[PDB]
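Encoded as structure tokens, the structure appears first; notes follow it.
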Amino acid sequence: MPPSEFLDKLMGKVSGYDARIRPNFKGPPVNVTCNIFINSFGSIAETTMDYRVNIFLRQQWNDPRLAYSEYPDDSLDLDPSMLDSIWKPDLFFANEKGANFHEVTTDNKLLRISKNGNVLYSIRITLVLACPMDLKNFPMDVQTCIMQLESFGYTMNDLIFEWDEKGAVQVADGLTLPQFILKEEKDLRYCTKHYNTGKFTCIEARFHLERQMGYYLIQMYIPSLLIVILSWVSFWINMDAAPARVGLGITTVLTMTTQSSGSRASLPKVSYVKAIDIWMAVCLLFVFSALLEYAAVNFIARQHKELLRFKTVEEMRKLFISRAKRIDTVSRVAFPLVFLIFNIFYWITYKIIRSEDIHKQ
Amino acid sequence: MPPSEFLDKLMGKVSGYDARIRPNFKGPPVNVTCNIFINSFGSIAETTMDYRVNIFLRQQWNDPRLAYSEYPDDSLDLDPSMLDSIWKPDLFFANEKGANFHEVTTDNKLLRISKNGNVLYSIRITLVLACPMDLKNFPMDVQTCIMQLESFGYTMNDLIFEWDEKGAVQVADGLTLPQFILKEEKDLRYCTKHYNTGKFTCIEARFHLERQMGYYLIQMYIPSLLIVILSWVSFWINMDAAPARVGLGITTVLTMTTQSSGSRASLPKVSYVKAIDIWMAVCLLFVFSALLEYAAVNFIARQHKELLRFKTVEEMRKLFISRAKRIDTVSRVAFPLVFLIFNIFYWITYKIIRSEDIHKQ
Amino acid sequence: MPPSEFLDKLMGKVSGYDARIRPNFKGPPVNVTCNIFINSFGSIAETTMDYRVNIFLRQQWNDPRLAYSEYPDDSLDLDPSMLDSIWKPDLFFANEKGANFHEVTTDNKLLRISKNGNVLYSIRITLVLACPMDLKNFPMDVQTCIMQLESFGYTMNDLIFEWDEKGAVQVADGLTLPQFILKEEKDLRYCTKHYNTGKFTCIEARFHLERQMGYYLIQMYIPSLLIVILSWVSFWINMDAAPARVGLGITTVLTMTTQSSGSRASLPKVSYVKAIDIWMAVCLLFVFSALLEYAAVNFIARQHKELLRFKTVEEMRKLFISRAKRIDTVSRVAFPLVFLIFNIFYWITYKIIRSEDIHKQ
Amino acid sequence: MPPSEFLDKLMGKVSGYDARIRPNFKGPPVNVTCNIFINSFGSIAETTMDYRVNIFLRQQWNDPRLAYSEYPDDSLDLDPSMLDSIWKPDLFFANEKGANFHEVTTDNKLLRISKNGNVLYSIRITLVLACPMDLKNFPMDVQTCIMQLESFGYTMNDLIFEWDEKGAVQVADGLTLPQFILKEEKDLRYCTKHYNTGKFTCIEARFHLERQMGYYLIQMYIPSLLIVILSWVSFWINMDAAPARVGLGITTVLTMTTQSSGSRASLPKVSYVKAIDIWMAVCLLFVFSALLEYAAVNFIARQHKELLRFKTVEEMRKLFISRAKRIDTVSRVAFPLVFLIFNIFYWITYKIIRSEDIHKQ
Amino acid sequence: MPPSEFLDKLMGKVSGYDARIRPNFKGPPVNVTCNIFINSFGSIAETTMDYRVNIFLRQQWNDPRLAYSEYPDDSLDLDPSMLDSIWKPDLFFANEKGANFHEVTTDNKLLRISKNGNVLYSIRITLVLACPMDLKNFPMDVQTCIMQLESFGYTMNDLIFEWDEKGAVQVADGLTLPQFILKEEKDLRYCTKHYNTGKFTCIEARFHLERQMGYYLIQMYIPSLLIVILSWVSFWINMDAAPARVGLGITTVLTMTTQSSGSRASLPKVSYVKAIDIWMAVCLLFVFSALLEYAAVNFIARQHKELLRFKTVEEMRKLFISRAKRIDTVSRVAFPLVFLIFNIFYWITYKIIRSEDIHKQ
Ligand SMILES: CC[C@H](C)[C@H]1O[C@]2(CC[C@@H]1C)C[C@@H]1C[C@@H](C/C=C(/C)[C@@H](O[C@H]3C[C@H](OC)[C@@H](O[C@H]4C[C@H](OC)[C@@H](O)[C@H](C)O4)[C@H](C)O3)[C@@H](C)/C=C\C=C3/CO[C@@H]4[C@H](O)C(C)=C[C@@H](C(=O)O1)[C@]34O)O2
Ligand SMILES: CC[C@H](C)[C@H]1O[C@]2(CC[C@@H]1C)C[C@@H]1C[C@@H](C/C=C(/C)[C@@H](O[C@H]3C[C@H](OC)[C@@H](O[C@H]4C[C@H](OC)[C@@H](O)[C@H](C)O4)[C@H](C)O3)[C@@H](C)/C=C\C=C3/CO[C@@H]4[C@H](O)C(C)=C[C@@H](C(=O)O1)[C@]34O)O2
Ligand SMILES: CC[C@H](C)[C@H]1O[C@]2(CC[C@@H]1C)C[C@@H]1C[C@@H](C/C=C(/C)[C@@H](O[C@H]3C[C@H](OC)[C@@H](O[C@H]4C[C@H](OC)[C@@H](O)[C@H](C)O4)[C@H](C)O3)[C@@H](C)/C=C\C=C3/CO[C@@H]4[C@H](O)C(C)=C[C@@H](C(=O)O1)[C@]34O)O2
């Protein structure tokens with residue numbers, strides 16, 4: 001039997017197929033079992049709130065008309081061009097942008113018709129999937145990225161989408177994310193879309209994403225610590241040298257302000273407080289408190305010099321000078337100890353909150 | 001009756017349909033009732049002055065020729081490919097950019113023909129809708145975003161567009177906007193476009209948008225307050241220490257200037273004064289006034305030292321030194337009280353103006 | 001008479017039309033009268049030197065073959081799809097980028113054939129029109145934006161383009177430009193393109209654009225004034241306090257430099273001096289002159305202290321100290337008066353130059 | 001003779017043309033003479049290393065089959081749609097990106113068939129041409145931008161490309177470049193591409209571009225001069241005032257550093273030294289040398305005060321104080337004279353190197 | 001024999017070819033030998049992690065049906081339009097974005113059919129190839145960029161891809177990369193993709209890229225050295241002048257911080273430490289240590305003045321003053337020597353690590 005005649009015969013104008021009609025019309029719904037292979041993952045953007053993926057979508061459904069018995073070979077892979085009339089099931093992604101096809105050299109498609117009528121349809125597509133991301137704890141957090149595959153134009157009674165029994169989501173070996181870690185466990189759950197038109201089958205997969213803390217520690221946490229240490233250095237400088245201590249406190253407060261403003265620039269304009277805001281707030285409060293401490297010392301010395309040059313004035317001079325010296329001596333010890341207590345408290349609470357988020361999943 | 005023959009018969013070359021002609025030609029106008037479902041809303045940009053939406057446009061019109069009585073089933077959902085010849089009514093969005101269709105896997109369309117000839121047409125489209133936004137009160141404001149659906153090429157006598165009686169605009173459950181709040185109430189009003197060619201039916205929907213004030217309070221209002229408090233701290237420093245007080249006043253004025261310039265960078269170049277401009281102007285006036293106050297104190301002490309080293313000169317020395325000390329003492333109390341009075345006045349007026357805008361709608 | 005047969009008959013294969021041929025071939029030129037309606041105007045970019053417009057281009061020409069007498073109704077609006085063969089006259093925009101068509105829901109076109117053979121053709125198109133803009137006076141200027149409609153492939157003897165007698169350019173009511181004001185008067189003038197191939201008809205419309213000065217006054221002119229006032233404040237500070245006065249002069253000069261550099265960033269790299277350059281140059285000269293004035297005062301006091309500690313030396317001490325005090329006293333009065341004279345001179349000259357540009361048009 | 005029949009006859013299915021075959025097959029090569037008209041030139045980007053042009057490509061070749069004698073009129077301009085089968089010669093640009101066609105209103109093409117069989121083909125295209133640009137002398141330089149027109153799929157024996165005898169490159173009158181000057185003289189030279197497949201004809205045109213020095217003088221050269229003059233001002237300030245002189249030297253060095261870093265931001269990351277680097281290096285060396293000079297003066301005065309307060313100590317005090325005073329006195333004269341000598345040397349050498357580049361062409 | 005009839009005959013409807021079927025069906029696999037010519041290479045982006053190339057892909061395979069003996073000429077180059085039915089083998093790039101074709105003037109393709117049935121197919125395509133790049137040593141590193149050519153829809157038994165025996169990868173002469181150096185040696189290795197669908201042939205080429213160190217030395221290494229030298233200059237200034245030394249140390253630490261933050265902005269957010277981080281960390285530690293050294297000197301002098309003004313107090317005054325003077329004297333020598341030792345250690349280790357990376361390849 002010539003191959004050309006057989007392939008033509010399946011699509012044969014003489015034969016009745018009428019691609020527009022679904023298989024087993026006025027009957028039980030067509031069941032489509034689909035599994036995606038994730039070729040590339042990346043380009044996650046917090047500001048735009050979307051991530052880009054490249055996937056091989058594979059759809060398996062049974063068509064009775066396409067059954068053939070003339071050829072013993074059951075595999076019978078076919079040319080992708082003659083995919084015009086194999087009743088491609090309509091599918092679309094509920095949350096998407098873009099979703100272009102790949103036309104390079106030849107269309108990236110794979111049509112394979114089994115002997116019993118099972119059809120394997122494989123298409124390569126890049127998806128700009130948009131997923132909302134909670135930025136409550138910006139430094140360390142776990143983001144769930146969800147892709148929904150939903151039918152358009154065929155109701156649930158008409159068409160049903162089911163996740164593949166084995167290997168529904170497959171990740172390419174060696175695929176890595178620079179800013180994130182992809183969890184191996186995957187959530188395969190189906191939610192049925194309800195509209196005024198009717199109920200349409202939909203299935204969705206959830207990808208847990210864990211943000212690596214290596215960059216943020218170096219970029220943000222270590223510099224702020226340096227600025228706070230510089231403000232601590234200001235205590236050892238002489239109280240008499242007012243421009244040096246004042247300028248040092250001012251410069252550290254200004255540096256903390258510009259660093260805090262600059263860090264959060266590459267982020268969406270969310271209205272809720274973040275972990276990074278708490279850290280920046282406390283560190284900026286520390287440097288501001290150091291400047292206030294010098295202002296208090298200078299004012300006490302001013303009162304000393306006021307009583308000095310216009311009665312127990314000598315006693316008052318010793319008291320006020322001892323008072324200022326005492327504030328400096330207590331301050332140099334007290335400031336790092338309090339900062340250490342805050343640092344361990346903040347890290348412990350955020351680590352257990354991260355553990356709680358991992359507990360919830 | 002075979003399904004293929006029936007579907008072919010409706011579109012049947014043997015039968016007369018002639019898609020180019022509208023239903024009930026040389027007769028009463030075709031009435032189209034349309035309701036949109038908003039799948040995704042976001043990407044609002046003040047600078048570009050546009051917002052992006054993804055919608056399921058649904059159009060219902062009655063075609064007498066498409067009436068069928070052979071099949072008892074009235075629903076009879078059909079394949080979207082055979083939408084070439086169902087007389088799709090021309091519609092376009094009056095204010096748009098882009099407006100691409102979704103071609104992923106299969107075209108996102110839904111053709112449903114009822115027994116009486118009613119046609120349900122549902123298409124998914126992303127619209128870069130451009131709406132002018134009044135930025136009189138930039139911090140807190142209510143923006144109305146308007147989408148117009150207007151016929152092109154068919155006059156009002158020829159074709160009429162009407163909003164659906166029930167559920168004209170439907171918002172997807174759980175849809176949220178990071179920077180804005182979407183009001184539940186919606187304005188459905190039709191305005192008829194008039195041109196030299198003729199009058200064309202148009203209908204429009206207004207979406208009230210309320211801008212959340214959570215981010216702007218943290219990002220802009222709280223830092224400016226910190227700079228003003230730093231300028232107040234400058235009073236407690238000794239009058240003799242001229243570089244410290246001068247440098248502190250200069251640094252705060254410079255910081256206020258760069259913060260004010262940086263904040264308004266992500267905004268269109270509108271010529272009218274905004275609320276944020278008033279707040280930045282007053283706070284910068286406060287820090288500038290603090291620097292002028294120190295300049296006055298230093299000049300009074302200079303006149304004291306002028307009379308000191310070259311008659312009532314001793315009396316003049318006590319007067320001038322008391323005068324400078326008095327200006328400092330009055331200033332430390334006076335500056336925060338005046339700032340508090342301005343702050344409550346500004347918040348009260350802007351809150352009642354916001355209430356007035358909500359009153360107008 | 002059935003409508004379908006009549007519409008088919010006009011385009012009838014049986015009848016001779018041959019769309020490729022122009023009307024009244026080997027005869028007088030086809031005369032096309034065209035008027036544009038400006039739906040949206042905006043997105044003007046100085047750096048890119050282009051502006052984006054959305055227009056309804058309407059072309060009216062007379063075709064004798066399309067005359068019909070069978071139907072009394074003269075209007076007879078038709079479906080836009082059957083525009084393949086109505087001899088669309090070739091038109092293109094001489095200075096353009098992009099120029100995409102709008103394909104949303106259905107093609108945005110309007111074909112209307114009159115009884116005598118007059119054809120009304122209306123298409124909606126967005127044009128990235130590029131117009132050179134003179135930036136001699138950047139702050140306040142009038143820019144003329146020109147759109148040219150020129151034939152391609154048909155010579156002047158073959159085809160002629162004429163502006164509509166009434167309402168050649170129509171602007172949508174309520175259309176506004178945030179950064180510019182659009183003048184009501186319009187220049188309709190035709191210039192004939194000459195090439196080695198031949199002479200091709202072209203027509204052009206000029207849109208005068210006036211740049212609003214509200215933003216630039218607040219953003220650029222008011223801060224520079226603040227920096228100059230700060231430099232004036234430096235005079236009242238004591239001459240003995242060298243770090244305070246020196247640092248203040250340095251900071252103001254640096255601030256003026258960074259403000260001048262930052263302002264002109266969003267501008268093309270033109271080689272000619274602008275009004276904003278003159279203003280920045282003079283204000284920066286003022287702050288630089290203030291720093292030089294303090295350097296002179298400090299040097300005179302230095303010479304006093306040189307003569308003081310190693311003859312009329314006492315006389316020289318009084319002279320030099322009086323000299324420095326005199327320079328400060330004269331300087332505090334002299335600097336704002338001179339700046340006021342410059343300010344009124346600059347505003348008067350630029351206002352009359354703006355008036356002269358309005359005089360020229 | 002009816003026009004429709006004649007035009008149809010040339011493309012006539014009855015007649016043999018077979019568009020796929022080239023003219024005079026198995027014979028001498030087809031000779032194509034092509035001239036381009038440059039409608040718009042601009043959008044040159046140093047970083048991306050490309051420039052965008054809009055051109056009217058005109059190709060003239062002789063086809064014997066298209067000869068006609070039935071009509072006396074030799075011009076016989078034709079509709080651009082029937083360009084499917086006039087054997088368009090394959091041409092492509094060797095160094096390109098984009099290269100989109102213009103589809104606005106109607107395709108921008110011009111087919112003109114002469115009586116002898118000469119075919120004139122004119123297409124409008126925008127080309128993102130990428131040309132490497134030597135940035136040895138960044139401030140003033142001459143860049144050559146080259147466009148190559150090369151055949152694809154037809155060997156040199158099969159097809160030959162030749163530049164038009166008269167007017168090969170035509171520039172639109174009044175076309176101007178904001179940042180560059182276009183030289184009138186043009187290089188028309190053909191280079192034959194050699195591949196393993198075979199030899200393919202190619203022709204190329206070189207556009208000399210001269211960069212205007214007006215902007216760079218104002219933006220970069222004048223500010224650096226201001227910073228150097230400010231460092232010179234530092235000498236007149238008293239040696240005793242250590243914070244003023246130190247802060248002034250620091251601020252000028254920092255300002256020079258940020259200006260040098262900021263200027264070269266809009267440039268590719270080339271590894272070779274540029275003229276602007278030499279200028280920034282020398283000016284920054286001048287301000288750094290001024291700060292070192294003050295450090296030397298302060299150290300000499302320190303040694304004076306060391307010998308002062310713990311033998312010829314008095315003699316040493318006069319020597320050291322005279323030494324510091326001498327360094328200041330010599331420095332104020334010496335620094336501008338040396339800078340003037342460098343400035344004239346740099347301008348003379350770069351001007352003669354520019355002249356040498358113009359000499360080479 | 002007429003050429004048209006012969007070309008038509010090969011594609012002849014009368015003859016059996018059936019393009020959908022592969023050559024020698026139900027037989028040994030089709031063997032495709034492919035070599036790419038790299039026309040342009042560049043646009044490497046670290047942040048996006050992709051590079052753009054323009055290539056001439058050439059595929060050679062043998063088709064028995066296309067054998068011809070009627071014409072003696074074996075070359076017989078053909079028109080690219082009749083490439084619809086020459087059984088183009090499906091190929092796609094495993095890691096790609098974009099991959100557009102070039103449609104300018106005519107499609108850029110070359111079909112050449114040999115006498116024995118060998119088919120040469122050459123297409124020009126621009127590929128946005130994405131390759132992960134290890135940034136362990138950011139300053140100097142060697143990056144391997146890999147392009148994979150893999151079959152889609154034909155299994156390994158069905159179709160095999162092989163690299164050309166001679167000249168598999170050809171680079172255009174004179175092609176250069178501004179920021180990188182391309183190694184002449186190339187890795188041609190084939191890896192077979194394994195999927196659940198089956199095994200598909202793939203071949204890949206590796207391009208070693210060496211990053212030039214010329215720019216980074218000037219832009220980053222030389223400024224940091226300048227800041228460290230400025231901090232060394234701070235030692236020569238008098239210990240009594242507390243504002244000058246304090247301000248100088250603060251300014252250098254701040255400058256180092258902003259330079260370090262600014263440099264790494266154009267880089268991906270990787271979590272691992274880089275060479276540039278080590279260099280910035282050490283240099284910033286040096287400037288911070290200089291500021292701590294002045295704080296220690298000032299504190300020792302403070303203790304001297306504490307013992308001075310409220311027993312061996314005189315002895316303590318000489319000891320403490322000598323101690324501070326000793327710290328300054330030792331510090332001025334010690335700091336550059338230690339920095340020199342670090343500099344040679346860092347350069348030696350990174351150079352041998354670069355040599356080790358070149359050793360591994
Ligand atoms: C320690 C902080 C105080 C403020 C110190 O600051 C100073 C001086 C001494 C102070 C005590 C300044 C500080 C650096 C240190 C010098 C320390 C370096 C040798 C490095 O650091 C160590 C510590 C670091 O552990 C957080 C540790 O990371 C590991 C974590 C993980 O393995 C467990 C793993 O992921 C990976 C292997 O790496 C690692 C051993 O490297 C240096 C690499 C840190 C980067 C330095 C700079 C990079 O750009 C940063 C910032 O953009 C710039 C603005 C300021 C720099 C700075 O902030 O400078 C900066 O941060 O000295
Ligand atoms: C007056 C200048 C000196 C330097 C004064 O500076 C300071 C203190 C006092 C000095 C004398 C600083 C200056 C502001 C003033 C405070 C003045 C405010 C109340 C406002 O101003 C007035 C004057 C203004 O008339 C030019 C006038 O505009 C009209 C013009 C038109 O109607 C005729 C019309 O279009 C429209 C209605 O508005 C208007 C009544 O509002 C305030 C709104 C000005 C904006 C303030 C700031 C906005 O961001 C600017 C800049 O990005 C930032 C960097 C510095 C600010 C500043 O520069 O601060 C800034 O400019 O105090
Ligand atoms: C002269 C330099 C020293 C440093 C002077 O600096 C200061 C004070 C006095 C010092 C001696 C500062 C300096 C400006 C001058 C004031 C001079 C202005 C009146 C103008 O200048 C003159 C000189 C200029 O000739 C180079 C000359 O150009 C011609 C060249 C060509 O015709 C032969 C032709 O192409 C075209 C016609 O224009 C022209 C007559 O205009 C002013 C227009 C210069 C621009 C001023 C500023 C623009 O933004 C610049 C920079 O972004 C900012 C950061 C600092 C400013 C500055 O740097 O300020 C800045 O440059 O005063």
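Numbered from 1 within each chain, the chains take letters A, B, ... in sequence-line order. Only heavy atoms go into these numbers, but all of them, side chains included; no hydrogens, no water, no symmetry mates. Order of listing sets the numbers, starting from 1, for every ligand and every atom in it.
PDB records give the name of the drug at ligand 2 as ivermectin.
Per UniProt, the macromolecule in most contact with ivermectin (ligand 2) is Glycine receptor subunit alphaZ1. The heavy-atom neighbours of ivermectin (ligand 2) at a 4.0 Å cut-off, by chain: B, C.
Checked against UniProt's transmembrane annotation for chain B, counted from the N terminus, the segments with a heavy atom under 4.0 Å from ivermectin (ligand 2) are 2, 3.
Source organism of chain B, per the entry: Danio rerio.
The shell of residues around ivermectin (ligand 2) (heavy atoms under 4.0 Å) is B:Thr257, B:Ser260, B:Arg264, B:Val273, B:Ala281, B:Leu284, C:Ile218, C:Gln219, C:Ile222, C:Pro223, C:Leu225, C:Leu226.
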